[PDB]
Trainee: 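Quick one: structure below, then a few questions.
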Amino acid sequence: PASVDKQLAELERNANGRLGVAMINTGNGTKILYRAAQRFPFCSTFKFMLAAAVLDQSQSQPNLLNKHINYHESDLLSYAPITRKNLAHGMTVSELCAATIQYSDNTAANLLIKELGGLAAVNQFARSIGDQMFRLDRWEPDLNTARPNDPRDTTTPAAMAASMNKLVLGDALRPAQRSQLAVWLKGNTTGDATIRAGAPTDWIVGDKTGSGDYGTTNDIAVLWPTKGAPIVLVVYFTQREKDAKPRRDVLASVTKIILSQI
Ligand SMILES: *C(=O)[C@@H]([C@@H]1N=C(C(=O)O)[C@@H](S[C@@H]2CN[C@H](C(=O)Nc3cccc(C(=O)O)c3)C2)[C@@H]1C)[C@@H](C)O
């Protein structure tokens, strides 16, 4: 809608950035799409796809979520608050999934990628749910360089929204697993300043944040409104200079703007 577009372009233009938006309203099937077929560096938002891949594996492997991983010091990375907390005792795969979603723990992500059988297992999972755009090229934290015109570690807003729709709200997973994935998202701790900040206080938000160089500022969410069906919102944003500061307020403004239309 022209009203959305103008608001989005001014926001985007005013912040000297490139913004990508896909919103799917699962109530009526209406979508709002802005640069939605263009690639953007996903940064930590990939962890959503990773947790889903693990849930997919657990469908054939019923001990998987409860498998205890005794990781070591050398697995610990600069950003690993939960895996650090639990070093002495280790963590289950389930706990690793919750920590990578809700605290964006990088050790937890790398441990789960290894559990799945490597980077290509995550991509093949994305292919298996019909996501042709998602590409994971590097482990954490290298995947967050977000360099101009570098297609490594990118997806499109449309593809990520479609995948979040199918996994959380659709039939890509079995019921126990899709329910678990929604519970993890709803317990996210990193998302207050982004899509959550832009949605009514009486709504429930389940989201995965990501950020990185070039002031990249990303958030992907399912929104549970006070009336009607759930809504999927993906927002990717990146800026001119390598050391740009993230613009979390831009994401909240996008959300405000989009939710006005529905
Ligand atoms: C993925 O986006 C990111 C994971 N997940 C995050 C998140 O969702 O909150 C981040 S970034 C967040 C905003 N700025 C800081 C940050 O950049 N911390 C940071 C980054 C790199 C290394 C280290 C470290 O060496 O300790 C810390 C928190 C969280 C790091 C990517 C970039 O890993």
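Numbering, chain A: per the PDB entry, residues 32-293 in sequence. When reading the values below, keep in mind they use all heavy atoms of this one structure, side chains included, and skip hydrogens, waters and symmetry mates. Counting convention: from 1, in listed order, for ligands and their atoms alike.
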Trainee: Give the name from UniProt for the chain that makes the most contacts with ligand 1.
Mentor: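 Main binding partner here: Beta-lactamase.
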Trainee: Provide the recorded name of the drug at ligand 1.
Mentor: ertapenem (bound form)
Trainee: Hey, which residues are hanging around ertapenem (bound form) within 4.0 Å, heavy atoms only?
Mentor: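 Counting heavy atoms, it is made of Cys74, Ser75, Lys78, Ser109, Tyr110, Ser135, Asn137, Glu171, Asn175, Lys239, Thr240, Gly241, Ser242, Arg279.
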Trainee: Who's the nearest protein heavy-atom neighbour of atom 19 (C) of ertapenem (bound form), and how far?
Mentor: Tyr110 CD1, 4.2 Å
Trainee: What is the listed source organism of chain A in the PDB?
Mentor: Yersinia enterocolitica
Trainee: For atom 13 (C) of ertapenem (bound form), find the nearest protein heavy atom and state the residue, atom name and distance (0.1 Å precision).
Mentor: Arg279 NH2, 3.1 Å
Trainee: Which of the numbered atoms in ertapenem (bound form) are under 4.0 angstrom from any heavy atom belonging to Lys78?
Mentor: 4 (C), 5 (N)
Trainee: Any protein heavy atom sitting closer than 4.0 Å to atom 15 (C) of ertapenem (bound form)?
Mentor: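 No, there is none.
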Trainee: Suppose we measure from atom 12 (C) of ertapenem (bound form) to each protein heavy atom; which comes out shortest, and what is that distance?
Mentor: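 Scanning the protein heavy atoms, the shortest distance from atom 12 (C) of ertapenem (bound form) goes to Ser242 OG, 3.9 Å.
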Trainee: I'd like to check which ertapenem (bound form) atoms, numbered from 1 as shown, lie under 4.0 Å from a non-hydrogen atom of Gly241.
Mentor: 2 (O)
Trainee: What is the nearest protein non-hydrogen atom to atom 3 (C) of ertapenem (bound form), stated with its residue, atom name and distance?
Mentor: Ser75 OG, 2.3 Å
Trainee: Can a protein heavy atom be found under 4.0 Å away from atom 1 (C) of ertapenem (bound form)?
Mentor: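 Yes, there is one.
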Trainee: Which residues listed in UniProt as substrate binding sites of chain A come within 4.0 Å of ertapenem (bound form) at the heavy-atom level?
Mentor: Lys239, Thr240, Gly241
Trainee: Of all the atoms in ertapenem (bound form), which lie at a distance below 4.0 Å from a heavy atom belonging to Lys239?
Mentor: 8 (O)
Trainee: Nearest to atom 9 (O) of ertapenem (bound form), what protein heavy atom do you find, and at what distance?
Mentor: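 Heavy-atom neighbour on the protein nearest atom 9 (O) of ertapenem (bound form): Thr240 OG1, 3.8 Å.
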Trainee: Could you identify the single nearest non-hydrogen protein atom to atom 22 (C) of ertapenem (bound form) and state the distance to 0.1 Å?
Mentor: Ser109 CB, 4.1 Å
Trainee: Atoms of ertapenem (bound form) less than 4.0 Å from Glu171 heavy atoms?
Mentor: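 By the 4.0 Å cutoff, the relevant atoms are 33 (O).
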Trainee: Counting only heavy atoms on the protein side, is anything nearer than 4.0 Å to atom 30 (C) of ertapenem (bound form)?
Mentor: yes
Trainee: Any protein heavy-atom neighbour for atom 25 (O) of ertapenem (bound form) (distance below 4.0 angstrom)?
Mentor: yes
Trainee: Return the residue, atom name and 0.1 Å-rounded distance of the protein heavy atom closest to atom 33 (O) of ertapenem (bound form).
Mentor: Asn137 ND2, 2.9 Å
Trainee: Compute the least heavy-atom distance between ertapenem (bound form) and each UniProt active-site residue of chain A, then give the nearest residue and its distance to 1 Å.
Mentor: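 Closest UniProt active-site residue (heavy-atom distance): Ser75, 1 Å.
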